[PDB]
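In what follows, a structure is listed as structure tokens, so that the remarks can point back to it.
All residue numbers refer to positions in the sequence shown, counting from 1. Each ligand, and each atom within it, is numbered from 1 in the order the structure gives. In what follows, every heavy atom counts, from backbone to side chain, and hydrogens, waters and symmetry copies are set aside.
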Amino acid sequence: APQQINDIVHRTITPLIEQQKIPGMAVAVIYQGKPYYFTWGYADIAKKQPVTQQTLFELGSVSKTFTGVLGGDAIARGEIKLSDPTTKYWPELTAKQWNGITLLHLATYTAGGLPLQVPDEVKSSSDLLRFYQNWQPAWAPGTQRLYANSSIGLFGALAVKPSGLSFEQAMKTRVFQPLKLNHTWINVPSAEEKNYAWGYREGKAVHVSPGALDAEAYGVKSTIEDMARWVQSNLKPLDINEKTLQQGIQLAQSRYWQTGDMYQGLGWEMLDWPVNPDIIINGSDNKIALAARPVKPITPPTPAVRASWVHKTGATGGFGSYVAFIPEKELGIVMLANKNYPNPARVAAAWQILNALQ
Ligand SMILES: *C(=O)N1C[C@H](NOS(=O)(=O)O)CC[C@H]1C(N)=O
């Protein structure tokens, strides 16, 4: 790595790890299109297993970027349209509040108040039907953004229905395999458990529990190498040979709604670059990021803007992840940690690194 990259990374990440008491961490900087890797600490504290470039971290809600791109690929294949009604893909969803709720609304958290989580009690498709049939919206569709695993989770499950594939099989065949993400998993194979870091919550080793729509909203595990490749693919989709996947990557960075200075993509969120760092840092705090916010539609959606800060946070009980990139600058960062530490500290560190390298 160029000394300027080593310098800024060690100057930024070393005190972050000390301040947040992070047990293990992996970072990739993508600089002029090439990846540079850094690792610290332990994937398993008690067993003294170091983090390596093959360590699997739980991505939590960063998984939604894969879901958004898979949905964009289905659009590009002609299999779905974002204007399609939800009920086109789930005709059993008959309750009257679903009239007018489209795939766009599900994908972008604008259906009208779908809740942050699918309830833990919901486990089968019959439970899931009852949940969505009994849900009562707080707002008309397309008026308020309320970040929700139950919203984009349902989008992902329905987006793959025309293909005839399960969500997991669609993701493997249409996204992971073409991009050579050979160590990215919705379900970690038995033979890969030795590479799966433990997460740490209040000092206790933990892994994410199964839940309905987990794969779609928060369930992917990946290595720092595969995540660097994922950033490269989203930075420069023109190098992707599979045309519908290239197009799906582009569509996930289209701007569908604006609230404040942020724009909602498919999974990804975007702001115009240069950003105000306080806006992205403070906006990442759960107090703002999980709050309902009024949206303005963008009709037609703005095609992906190269001079954007494109990013996504994610957490599980034991992990904290962050990805951010600037297509115009060919510049990106992935930060994976096996402790869920506050979002603003992730965003502040990422901006400090990328701003120094721009
Ligand atoms: C994703 O990691 N999740 C859903 C939601 N994401 O917001 S975050 O990206 O600002 O963390 C809350 C955290 C997490 C979850 N517990 O489901």
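Short version: main partner of ligand 1, named per the PDB entry, is Beta-lactamase. Sitting at ligand 1 is the drug avibactam (bound form).
Of the protein's non-hydrogen atoms, the one nearest atom 11 (O) of avibactam (bound form) is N343 ND2, 3.8 Å. Of all the atoms in avibactam (bound form), the ones that sit under 4.0 Å from a non-hydrogen atom of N286 are 10 (O). In this structure, the protein non-hydrogen atom closest to atom 5 (C) of avibactam (bound form) is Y147 CE2, 3.3 Å. Under a 4.0 Å criterion applied to the non-hydrogen atoms of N149, avibactam (bound form) contributes the atoms 4 (C), 17 (O).
At the shortest separation from atom 17 (O) of avibactam (bound form) among protein heavy atoms lies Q117 NE2, 2.8 Å.
Distances from atom 14 (C) of avibactam (bound form) to the heavy atoms of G320, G211, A315 show the closest one on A315. Regarding atom 4 (C) of avibactam (bound form), its nearest protein heavy-atom neighbour is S61 OG, 2.7 Å. The closest protein non-hydrogen atom to atom 8 (S) of avibactam (bound form) is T313 OG1, 3.4 Å. Taking all heavy atoms of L290, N340, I152, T316 into account, the minimum distance to atom 12 (C) of avibactam (bound form) is reached by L290. There is a covalent bond between avibactam (bound form) and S61 OG. Residue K312 has at least one heavy-atom neighbour below 4.0 Å for each of these atoms of avibactam (bound form): 9 (O). The contact residues of avibactam (bound form), taking heavy atoms under 4.0 Å, are given as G60, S61, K64, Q117, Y147, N149, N286, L290, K312, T313, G314, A315, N343.
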